[PDB]
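A deposited model with tegaserod.
For the single chain, residues carry numbers from 1 onward in sequence order. One-based numbering, in listed order, for ligands and for the atoms of each.
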Amino acid sequence: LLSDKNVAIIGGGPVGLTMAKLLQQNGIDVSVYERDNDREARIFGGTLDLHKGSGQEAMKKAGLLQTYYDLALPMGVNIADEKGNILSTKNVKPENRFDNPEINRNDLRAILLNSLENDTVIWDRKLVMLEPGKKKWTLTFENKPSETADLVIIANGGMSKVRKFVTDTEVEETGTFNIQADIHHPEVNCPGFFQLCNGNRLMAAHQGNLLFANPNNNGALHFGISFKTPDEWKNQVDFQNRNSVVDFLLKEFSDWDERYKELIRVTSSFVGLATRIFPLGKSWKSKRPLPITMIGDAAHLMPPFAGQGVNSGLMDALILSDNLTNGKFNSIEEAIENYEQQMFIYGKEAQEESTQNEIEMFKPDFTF
Ligand SMILES: Cc1cc2c(cc1C)N(C[C@H](O)[C@H](O)[C@H](O)COP(=O)(O)OP(=O)(O)OC[C@H]1O[C@@H](n3cnc4c(N)ncnc43)[C@H](O)[C@@H]1O)c1[nH]c(=O)[nH]c(=O)c1N2
Ligand SMILES: CCCCCNC(=N)N/N=C/c1c[nH]c2ccc(OC)cc12
């Protein structure tokens, strides 16, 4: 199918890099175009864990499952209330230690980058436009020379603006909002909350405000505070202004234990982000001018609160890469169609669980 042809993957996130590995290890000529300036760019966010049957199956097929295991950390979960009482402690039993250990996102990028041949990823390449030719796409990048490919795979995340050859679907806001931050040396800077986590991830919910924390993301504490988007914000917190963010959060958390307030007070900077979804519904465009598809969040971005996210994208890469290389399809288009039909099933399943969970967890009286 791909002999004497080449593949362009747009985006070097965990899904795109996994895509590249699974193609390249079957002898496919594939490049990844990534907007990040270079591989040393820090990725902001919590940890990821990979699941048996999906994310771990993609690593296994790439020969990287042990590498993931060696850099990942099994973590228990504590459920606390707003007063700081631990309502539930579930540690990881040894027989479950491979189920879904947490890995830092930069560590995961490094594993995948190290598995690829040199110069597979072309850095500082922000795709802005695609144009189909007779047999090859032309790729236009921001202030860089163009490239061509027989097959384009869109893998550049939930806010991709290069989707229109595949679908007219637009991303949507779901109505919840997320504030995220890191605390370095949390054992010094938020000792009370750090000891509350006690090596476990911690979650707590009270009157429509949700808090989730990881006390040990490669030595830092990552936490997220989520809530229904305030109506006053429709169409007011400047997240560049930590003093404005601290003031808002301290009002929201006014009846939470001081160990939670300390987290807010000592945070150096905050990142805010509306929850969004790229909804799978009616089929994507049929009879596209040249072969093109999408994987990962570009295909099915969904709320993250129940753990859906990267694993459905890693499934995409596993399925699409097998269809493109197993010699069973008469054309790249047919291989793509088969992947998309499968992804519509498990992707819709995951989106409905994520949306249902979001409705439930943000009811004003929810508790874990
Ligand atoms: C607050 C919060 C919390 C979580 C999560 C989301 C959010 C918002 N998720 C979701 C999860 O992290 C997500 O599913 C994966 O990052 C998807 O990876 P992708 O590679 O598809 O896109 P991702 O967005 O990770 O990567 C896209 C890549 O494309 C690049 N790019 C963008 N535009 C480009 C362009 N024009 N040209 C070239 N490159 C371009 C970007 O720089 C980036 O490297 C999650 N999931 C999970 O499984 N477990 C979890 O715990 C969480 N937690
Ligand atoms: C299925 C195994 C778990 C993997 C990831 N699992 C997860 N739960 N990722 N969560 C992200 C998140 C962002 N903001 C929040 C606010 C509240 C909250 O409560 C759980 C969670 C979040």
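All instances of tegaserod are found at ligand 2.
Most-contacted chain for tegaserod in this structure, per the PDB entry: Flavin-dependent monooxygenase.
Per-residue contacts place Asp49 under 4.0 angstrom from the following atoms of tegaserod (heavy atoms of the residue considered): 2 (C), 3 (C), 4 (C). With hydrogens left out, the protein atom closest to atom 5 (C) of tegaserod is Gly307 CA, 3.6 Å, a heavy atom. For tegaserod, the atoms lying closer than 4.0 Å to a non-hydrogen atom of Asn100 are 2 (C). Protein heavy atom in closest approach to atom 8 (N) of tegaserod: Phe305 O, 3.0 Å.
No part of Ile225 comes within 4.0 Å of tegaserod, judged by heavy-atom distances. Heavy atoms of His222 come nearer than 4.0 angstrom to tegaserod in no pair at all. The part of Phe368 lying near tegaserod is the side chain, judged by heavy-atom distances below 4.0 Å. Looking at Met75 against tegaserod, nothing comes within 4.0 Å, counting heavy atoms. Near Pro304, meaning under 4.0 Å from one of its heavy atoms, tegaserod places the atoms 7 (C), 9 (N), 10 (N), 11 (C). Backbone and side-chain nitrogen or oxygen atoms of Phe212 are examined, and none is located within less than 3.5 angstrom of a nitrogen or oxygen of tegaserod.
For tegaserod, the atoms closer than 4.0 angstrom to any heavy atom of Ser226 are 14 (N), 15 (C), 16 (C). Organism of origin for chain A, per the PDB: Escherichia coli. Under a 4.0 Å criterion applied to the non-hydrogen atoms of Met203, tegaserod contributes the atoms 20 (C).
The set of residues with a heavy atom less than 4.0 Å from tegaserod is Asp49, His51, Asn100, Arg201, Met203, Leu210, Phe212, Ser226, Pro304, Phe305, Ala306, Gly307, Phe368.
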